[PDB]
Novice: 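Lab note: structure loaded, ligand of interest is tigecycline.
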2 protein chains.
Amino acid sequence: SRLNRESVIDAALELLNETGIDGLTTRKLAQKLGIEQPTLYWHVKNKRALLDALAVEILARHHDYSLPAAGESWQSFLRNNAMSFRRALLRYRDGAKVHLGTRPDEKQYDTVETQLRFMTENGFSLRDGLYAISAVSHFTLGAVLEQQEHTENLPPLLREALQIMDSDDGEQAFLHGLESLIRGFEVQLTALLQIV
Amino acid sequence: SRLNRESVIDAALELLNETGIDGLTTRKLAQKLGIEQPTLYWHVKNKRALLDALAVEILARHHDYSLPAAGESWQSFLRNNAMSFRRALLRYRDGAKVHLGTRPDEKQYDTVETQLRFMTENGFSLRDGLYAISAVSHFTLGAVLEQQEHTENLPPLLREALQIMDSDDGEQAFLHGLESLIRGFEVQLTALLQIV
Ligand SMILES: C[NH+](C)c1cc(NC(=O)CNC(C)(C)C)c(O)c2c1C[C@H]1C[C@H]3[C@H]([NH+](C)C)C(O)=C(C(N)=O)C(=O)[C@@]3(O)C(O)=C1C2=O
Ligand SMILES: C[NH+](C)c1cc(NC(=O)CNC(C)(C)C)c(O)c2c1C[C@H]1C[C@H]3[C@H]([NH+](C)C)C(O)=C(C(N)=O)C(=O)[C@@]3(O)C(O)=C1C2=O
Ligand SMILES: [Cl-]
Ligand SMILES: [Cl-]
Ligand SMILES: [Cl-]
Ligand SMILES: [Cl-]
Ligand SMILES: [Cl-]
Ligand SMILES: [Cl-]
Ligand SMILES: [Mg+2]
Ligand SMILES: [Mg+2]
């Protein structure tokens, strides 16, 4: 088959869905493409290069709330940003593991920049704007990993608690924790210089 | 060398430090122990069994703020709990990756139970107590992973922001985000049934 960038990524994503992060090899990406390993090599050097590209390409393709709508509150943006971040990570088996520890690619530099600008304009110190943006990211990743990573006679609450986590996606926990985070930030922002 | 449970774990942890999660194999745990692979097999079946045991054993050994002091506020406990959770994850290379997606072992059942009890007694609905405990966990894991997982000409804020994240551990971001979370929970709790 065709070996341009896009069709390579297509084949990788489809294969990531079949095997998970661990099972994904260059050797298997070749087979899937019906080519020899040395041919693939011209196109992709190794597993690391592939993952970095997938990590970038998954957000580019399916993370569509990178930016705030015209006139959106900062609270609302973060919320939408986080929900869309989450959906994109979950769209692929081990997708969060694929994303873990990637650096903002040159190609989203102006995105991550706009986010920080947007916070600074909303009354955030650059420090605080960055802390809120990281906390959202770290919270969302962490909740997606544990969702995906999961996939002796229980004391009472533990039994019960496990039923409510299983009863849905993990979506309630996530959306509840997200509101906690944003309110916490809000309380901090508005306090300014007061003891809070 | 000696092949009891504790000395096996000792050798695994030391080896996890040498290679990271990916590089850790049974074959190498044998060598390190100066034994043959089939001997090791009697003691440990495979990589999964080893990781589950390490994951449990790292918290047991070095997570010493499992429980609240007598009369501690819930805010204070969560904070201490989270700092101690974090330290324990960071004490080992890829330690957070080792912990990811583990289920509370039978041997900490009464710990995780006490935590939930302790929240319920502090005015939390079982649902809410669980949401706060997960959000803390997910936030802390996520911040530790990205710390550990990290380890084209930058626009201005992005450049600056990256310097402040690098200037320390990631400890400021973490401790700042943690306070946001706890205040957010606090605001929710105290509101009860009011629109909040
Ligand atoms: C805060 N900025 C400067 C930043 C810094 C780091 N990395 C580090 O701090 C790494 N730590 C070092 C400095 C290497 C020791 C970061 O790793 C990140 C980011 C930006 C976030 C932004 C994320 C964002 N959402 C979830 C808040 C988002 O929607 C996008 C996007 N493209 O639309 C992201 O890129 C984002 O999800 C993301 O992954 C970020 C970072 O990776
Ligand atoms: C909330 N409880 C019932 C719970 C549930 C899950 N797992 C899931 O929800 C998995 N999702 C399913 C239900 C399989 C789809 C959980 O995965 C966890 C826990 C408990 C936390 C407690 C953590 C705690 N700190 C960080 C808040 C802690 O200090 C300890 C400890 N031993 O001292 C923990 O065990 C803890 O860190 C931890 O890892 C938890 C869970 O793993
Ligand atoms: Cl074709
Ligand atoms: Cl081609
Ligand atoms: Cl193309
Ligand atoms: Cl000996
Ligand atoms: Cl022995
Ligand atoms: Cl022993
Ligand atoms: Mg990222
Ligand atoms: Mg856990």
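Note: chain IDs run A, B, ... matching the order in which the sequence lines appear. Here chain A follows the PDB entry for its numbers: 2-152, 164-208, in order, are the residues you see. The numbering of chain B matches the PDB entry: 2-152, 164-208, in order. For ligands, and for the atoms within them, numbers begin at 1 and follow the listed sequence.
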Novice: Map tigecycline onto the structure by ligand number or chain letter.
Specialist: ligands 1 and 2
Novice: State which chain has the largest number of heavy-atom pairs within 4.5 Å of tigecycline (ligand 1), named as in UniProt.
Specialist: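 It sits in most contact with Tetracycline repressor protein class D.
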Novice: Okay, with a cut-off of 4.0 Å on heavy atoms, which other chains neighbour tigecycline (ligand 1)?
Specialist: A, B
Novice: For tigecycline (ligand 1), which residues make up the site at a heavy-atom cut-off of 4.0 Å?
Specialist: A:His64, A:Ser67, A:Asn82, A:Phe86, A:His100, A:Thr103, A:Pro105, A:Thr112, A:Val113, A:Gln116, A:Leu131, A:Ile134, A:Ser138, B:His151, B:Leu170, B:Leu174, B:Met177, B:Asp178
Novice: Name the UniProt Mg(2+)-binding residues of chain A with a heavy atom closer than 4.0 Å to tigecycline (ligand 1).
Specialist: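 In chain A, UniProt binders with a non-hydrogen atom that close: A:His100.
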Novice: Which tetracycline-binding residues that UniProt annotates in chain A are found with a heavy atom under 4.0 Å from tigecycline (ligand 1)?
Specialist: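 By heavy-atom distance, the UniProt-listed hits: A:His64, A:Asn82.
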Novice: Please identify which atoms of tigecycline (ligand 1) are closer than 4.0 Å to at least one heavy atom of A:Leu131.
Specialist: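 Counting from 1, the qualifying ligand atoms are 1 (C).
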Novice: Can you name the atoms of tigecycline (ligand 1), numbered from 1 with element, that are less than 4.0 Å from a heavy atom of A:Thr112?
Specialist: 31 (C), 32 (N), 33 (O)
Novice: May I ask you to check if tigecycline (ligand 1) and A:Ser135 share an N or O to N or O distance below 3.5 Å?
Specialist: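 No - when backbone and side-chain N and O of A:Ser135 are compared with those of tigecycline (ligand 1), no distance drops under 3.5 Å.
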Novice: Does any N or O atom in A:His100 lie less than 3.5 angstrom from one in tigecycline (ligand 1), N or O only?
Specialist: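 By distance alone, the answer is yes.
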Novice: Using a strict 4.0 Å cut-off to heavy atoms of A:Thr103, name the atoms of tigecycline (ligand 1) that fall inside it.
Specialist: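 It comes down to these atoms of tigecycline (ligand 1): 17 (O).
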Novice: In this entry, what organism is named for chain A?
Specialist: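 By the entry, the source is Escherichia coli.
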Novice: Counting both backbone and side chain atoms, is some N or O of B:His151 under 3.5 Å from an N or O of tigecycline (ligand 1)?
Specialist: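 Min N/O separation from tigecycline (ligand 1) is not below 3.5 Å for B:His151.
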Novice: Any atoms of tigecycline (ligand 1) less than 4.0 Å from a non-hydrogen atom of B:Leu174? List them with their elements.
Specialist: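 With B:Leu174 as reference, the close atoms of tigecycline (ligand 1) come out as 3 (C), 5 (C), 13 (C).
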Novice: Suppose I only count heavy atoms of B:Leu170 and a 4.0 Å limit; which atoms of tigecycline (ligand 1) are within that range?
Specialist: 3 (C)
Novice: Provide the number and element of each atom of tigecycline (ligand 1) under 4.0 Å from a heavy atom of A:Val113.
Specialist: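 Counting from 1, the qualifying ligand atoms are 35 (O).
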Novice: Counting each atom of tigecycline (ligand 1) from 1 as listed, which ones have a heavy atom of B:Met177 under 4.0 Å away?
Specialist: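 Answer for tigecycline (ligand 1): 9 (O), 13 (C).
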Novice: Help me out - which other ligands and ions lie under 4.0 Å from tigecycline (ligand 1)?
Specialist: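 Under 4.0 Å: ligand 9 (magnesium ion).
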Novice: Any nitrogen or oxygen of B:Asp178 lying under 3.5 Å from a nitrogen or oxygen in tigecycline (ligand 1)? Just yes or no.
Specialist: no
